[PDB]
Novice: 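Okay, here's the structure, questions in a sec.
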Amino acid sequence: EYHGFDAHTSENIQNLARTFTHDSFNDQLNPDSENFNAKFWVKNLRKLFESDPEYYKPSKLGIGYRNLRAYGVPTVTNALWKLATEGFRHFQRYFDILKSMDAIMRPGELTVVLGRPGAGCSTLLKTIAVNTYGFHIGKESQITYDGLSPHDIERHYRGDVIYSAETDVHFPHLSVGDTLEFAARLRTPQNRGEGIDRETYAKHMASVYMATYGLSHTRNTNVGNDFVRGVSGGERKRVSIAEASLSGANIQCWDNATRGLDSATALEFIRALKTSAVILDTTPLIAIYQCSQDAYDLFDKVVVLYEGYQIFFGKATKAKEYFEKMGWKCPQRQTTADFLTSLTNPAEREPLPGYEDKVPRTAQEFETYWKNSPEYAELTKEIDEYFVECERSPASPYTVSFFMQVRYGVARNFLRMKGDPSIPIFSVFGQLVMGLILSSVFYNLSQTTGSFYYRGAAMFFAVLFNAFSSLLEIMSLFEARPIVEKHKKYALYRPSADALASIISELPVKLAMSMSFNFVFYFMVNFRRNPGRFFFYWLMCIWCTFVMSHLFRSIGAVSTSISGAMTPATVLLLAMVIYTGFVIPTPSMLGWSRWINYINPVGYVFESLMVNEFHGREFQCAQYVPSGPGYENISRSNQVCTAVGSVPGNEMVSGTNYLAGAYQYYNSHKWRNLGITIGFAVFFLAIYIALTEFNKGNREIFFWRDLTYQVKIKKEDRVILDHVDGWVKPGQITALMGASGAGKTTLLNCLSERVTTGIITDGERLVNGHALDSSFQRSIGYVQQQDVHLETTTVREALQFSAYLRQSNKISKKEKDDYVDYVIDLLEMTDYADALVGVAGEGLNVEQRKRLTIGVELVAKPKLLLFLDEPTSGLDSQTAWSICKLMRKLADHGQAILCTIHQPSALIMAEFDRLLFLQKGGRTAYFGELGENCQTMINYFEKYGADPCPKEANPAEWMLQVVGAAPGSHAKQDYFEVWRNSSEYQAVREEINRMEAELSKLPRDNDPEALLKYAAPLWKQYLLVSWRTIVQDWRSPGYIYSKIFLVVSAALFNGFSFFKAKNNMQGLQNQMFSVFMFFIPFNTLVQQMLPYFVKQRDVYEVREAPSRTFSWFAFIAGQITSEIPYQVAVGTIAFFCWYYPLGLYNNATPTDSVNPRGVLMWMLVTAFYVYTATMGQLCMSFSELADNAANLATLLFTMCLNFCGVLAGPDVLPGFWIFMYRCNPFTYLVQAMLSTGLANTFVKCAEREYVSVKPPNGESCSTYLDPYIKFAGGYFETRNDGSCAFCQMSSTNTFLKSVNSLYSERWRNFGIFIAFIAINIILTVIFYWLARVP
Ligand SMILES: CCCCC/C=C/C/C=C/C/C=C/C/C=C/CCCC(=O)OC[C@H](COP(=O)(O)O[C@H]1[C@H](O)[C@H](O)[C@H](OP(=O)(O)O)[C@@H](OP(=O)(O)O)[C@@H]1O)OC(=O)CCCCCCCCCCCCCCCCC
Ligand SMILES: CC[C@H]1O[C@]2(CC[C@@H]1C)C[C@@H]1C[C@@H](C/C=C(\C)C[C@@H](C)/C=C/C=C3\CO[C@@H]4/C(=N\O)C(C)=C[C@@H](C(=O)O1)[C@]34O)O2
């Protein structure tokens, strides 16, 4: 709790000053002397120890204006159309949002803007803080900032005026001390100063400001977010205030900073603002709606708006009186702020007796009265004097140079990495493990020509493993964007400085990754062993990773989520991967494709690495074309190697010749490519910095008796509820009230059987005098506090779903629909019945969402109770009053309601019928009728001895004060003892006994349908959930279109890079790697898909799981079935976009089997596109976060791809890894695909693959080579030289057999893949049961 600038804070500041004066070395300012006052010390410290520069930085600002006037101006099947319309709107009236006003705010005054939502307070505070982005300002207006101008403030005085409204953006894993010290050190001036180190001064600044705002205790504690634990809810707002004050802000504007915050938290926040205004001369503006009287007693000035009209402005204490002079009536026990706010509501409010004709009803009449009043005349006189006085009388807003900003950014980034080493450790160790595994695949490559291909493959993947190694770093960019924006607004540092700091801070991680991967890969794979070759390889890999890191940062500087950046960048990254130079060697490159390789930053890296390895090297020949049983005694001059650069009669193959023939790489480009890659890195770094700088912007009565409830905590059991008894009757509302530690929520959850812990010892809950049965949990509705709804379901659809799945199965659909309509009418939801729920920003209000939740829990027809968990909490005064009226209407119709109420207003409290009050230890203190204006309750606490309640006061707070639960109060008597020793308790016990003895004889109603766990059969639940998920996926905003575009673009690029392809010895390998690259969109698809699984899982587990709507099996089966249709359609599109451009059907013409092979390939592609979804869901079933599931799925996919039989077959793989070659799901898909697409067709060798053979003297190639052609496949062509050209392949079956793919085993492989899909589904279900189902 915060008490302001109390004596304790003064003593703490005294101790801090005493500590600091020793390092540093009027009667005040002496820590060791008497009568020293902390306020004067803090005030003078800023002006004295900060020195005086030659600029005109002001220490206080006040704002005055005279005539301020401000004016202004789905289903995917239609989305594209809408976009087109939007485009037309981009191809090519005048209403005042804020009418004329007059105001003046001076330093040291806390000002509050009041008004109902939509009045225009947010726009006024945006205008004051110079944030007019979305509306214009009238030319007649005149705004003066203590003599400056709005343009002057915006241009080179920013940071003096700040505007933060609702959500605080802090680094969750940075401690409060570090968070404040960062700003303190970034704001201190480096221009000399005093004989004190700057770091010491920043530390003293941070300590003093922590002490001032009561945060000294919360040092070295993570600030945290709504997810990460830390400073709970109110110390974070004070941290934000302290940080804003440290940055020199002099006019701080807040809009509903205390939104969804209880009265105590808002009161302490406003207290912190008041001390900020008092100690440090400041002009804070606050826009609040639910403000307590104690909080309102702190405000210095109030301005009240009526639809942006500013009916009144002036001293807060004189506000009510003025309006009471107007002719309005203020009901007693009503806070002044609520009275002022409701005076603008025609439905509420009422005039004084005899004033029914003099008060105004229109905002225009309100302005007329305001202007005619003498208060407006005095205000105008003051404004004129202020403007006359102001008229009579820094290059950049930042304080430290660019180098200092980037240095501090680097330090903060290191602190963040220390506070969360997850991503760096994961990246480093993933690189290490992947390098180890991949090297195990390529272990100890031979020195003969037979290793050529493998060597190339290695130097390809190494490049890839350096290109994408730094993909995860961009995640940090998505976490620091809001904070960087805020600090730019605060005028602390530029986004460019933060970008450079982020680049510099990740160098250690990049070095660790590069070392851990390369030092193992380059050496366990038998590459060139010379030191110079290794060092050149390492240098090129370093530059490749820098280039790709800068490219990834550039892509992620204009994106908000990993999937959002991944979807459009997937095509680009796949294009760079394909055109590296290995999948499609330059000789095989098509006409339209070469320009892609010319501008590829990775092609040059690959060329340099291959040139470095192969140039100036001789490889021993492995195979000679003429060989076998008939050529066991043939001369070496009549033979020739089978490589590309082979020369007849030579026993060795030159690396230079092979490189110049197969890949067309030359040694002249070894060092030039390094310069090209350096240029690419610099270019991408410049683009990234520019982007991050510029591109930014009933009949049964339920009663409990002797309910005792205890829970074991750390081997110790403490009773949370001690002998709590009561009842709930139809037609009455009972309010469950208590302190924070009174455990009223525990009582509510124990009564409703929604608490999974503890044991009830002496309790007894009964209905109509009978013990509880198995039908209880289905006869009580539970309206949770938080509203968890699907964003893609209309109100009517949600109500219909609940009614269908929760009402009796013997009731026809017509009755269910009619009851849904009746509930919609009763809750006054008919105006927006067919409106998407959407998100909080766009969609339904908080009131509408709460009404929808009550309706959802009402259409189930609960016949016993409606437990409401804090309905009037986190809501405005008027919205809370409306919801209370709705609850009263429900209770009128014949309902029984029990609700827990937290910090209510007097008017709200007067609406309830009965009250159950609990004090520490769950001890009942009162249980009885509230009476009129809570009078009866008061009598109970007044006739037993206590301080009489004031005539004007809130009885809700009076109760807490009386029982000692309020902060700063004395009980003076244990009220449990008097309650147990009262006549009221005896009456309650007698009533409970009478009810138990009487109602137990009533004839109960028996029906087995009510005893079932679920009201609908399993198949119906499965169907309904599957349909809901399908509709949600369809209606998501750009989810199906993103998938379609990604898959279509990737498939088209992969199928047209390999346009109709010659079946030469190299073309077959190119097509095999085309099949291999066809699987790359797996990661992007999983990343896109997982969040929409998270949404449904959250909605189910938070609300639908305990409500017993549908079982876990129905949920998981629906999730599994929802993705099959979309995946099948996308797979069909992908197959049509890839199979035909590749021209594979030509291979089927010779054997006449065109249709079967095309059909089988379509099945295989669709099966892969279903398997990707099944595997993503399997990896997501047991995991908690979407990022972890996506990363695990990517790891498993990479492992499956490594041992899929393309990089190295079973005969090359180590015996240890064969277990992964057989259990792979892709080792069969790839075999089936290759077999279907390539089998049973001829092969024609390219001009560069023909191998020259010189027959022995006196022989022709026919006679000399037919025995070999018979022994092994191939063909030969005569030449006009005496030699002849031999091609080692005559049919594609030879290549397929080499890859270990057979034509007769395609259907078996398809069946095995289907079996793997089934295993994935089964494991998904089982793991979801094991991990998530309680
Ligand atoms: C913030 C970013 C941080 C990034 C990190 C910063 C890194 C900055 C480093 C700067 C250092 C730059 C050094 C470059 C100067 C090279 C001067 C000689 C160039 C040369 O000498 O290169 C041809 C010969 C052999 O190459 P080669 O196979 O082609 O054989 C040739 C023959 O030797 C002969 O000399 C004829 O050459 P020329 O006719 O003159 O062209 C021809 O003869 P033939 O082949 O025709 O028979 C052939 O080219 O290189 C060889 O020995 C081995 C290959 C170079 C060996 C140096 C490797 C240096 C690694 C740098 C450090 C890496 C660590 C990375 C980070 C560390 C910690 C984080
Ligand atoms: C989660 C595991 C590790 O994952 C990354 C970053 C670091 C982690 C520890 C990143 C992966 C590649 C991976 C290391 C390299 C390989 C496994 C080699 C190769 C088989 C993988 C290529 C992957 C891709 C090619 O390019 C695709 C793409 N668009 O085409 C996008 C948007 C992302 C790529 C990707 O996400 O690659 C991609 O899926 O290192």
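Residue numbering in chain A adheres to the PDB entry, whereby the residues present occupy positions 31-55, 86-133, 141-159, 165-465, 485-788, 855-1491 in order. Counting starts at 1 for both ligands and their atoms, in listed order.
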Novice: Report the name of the drug found at ligand 2, as recorded in the PDB.
Specialist: milbemycin oxime
Novice: Look up in the PDB entry the name of the chain making most contacts with milbemycin oxime (ligand 2).
Specialist: Pleiotropic ABC efflux transporter of multiple drugs CDR1
Novice: For milbemycin oxime (ligand 2), which residues make up the site at a heavy-atom cut-off of 4.0 Å?
Specialist: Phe556, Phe559, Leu562, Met657, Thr661, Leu664, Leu665, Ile1237, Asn1240, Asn1348, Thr1351, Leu1352, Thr1355
Novice: I can't find it - what organism does the entry give for chain A?
Specialist: Candida albicans SC5314
Novice: Under a 4.0 Å heavy-atom threshold, which transmembrane segments of chain A, UniProt numbering from the N terminus, are near milbemycin oxime (ligand 2)?
Specialist: 2, 5, 8
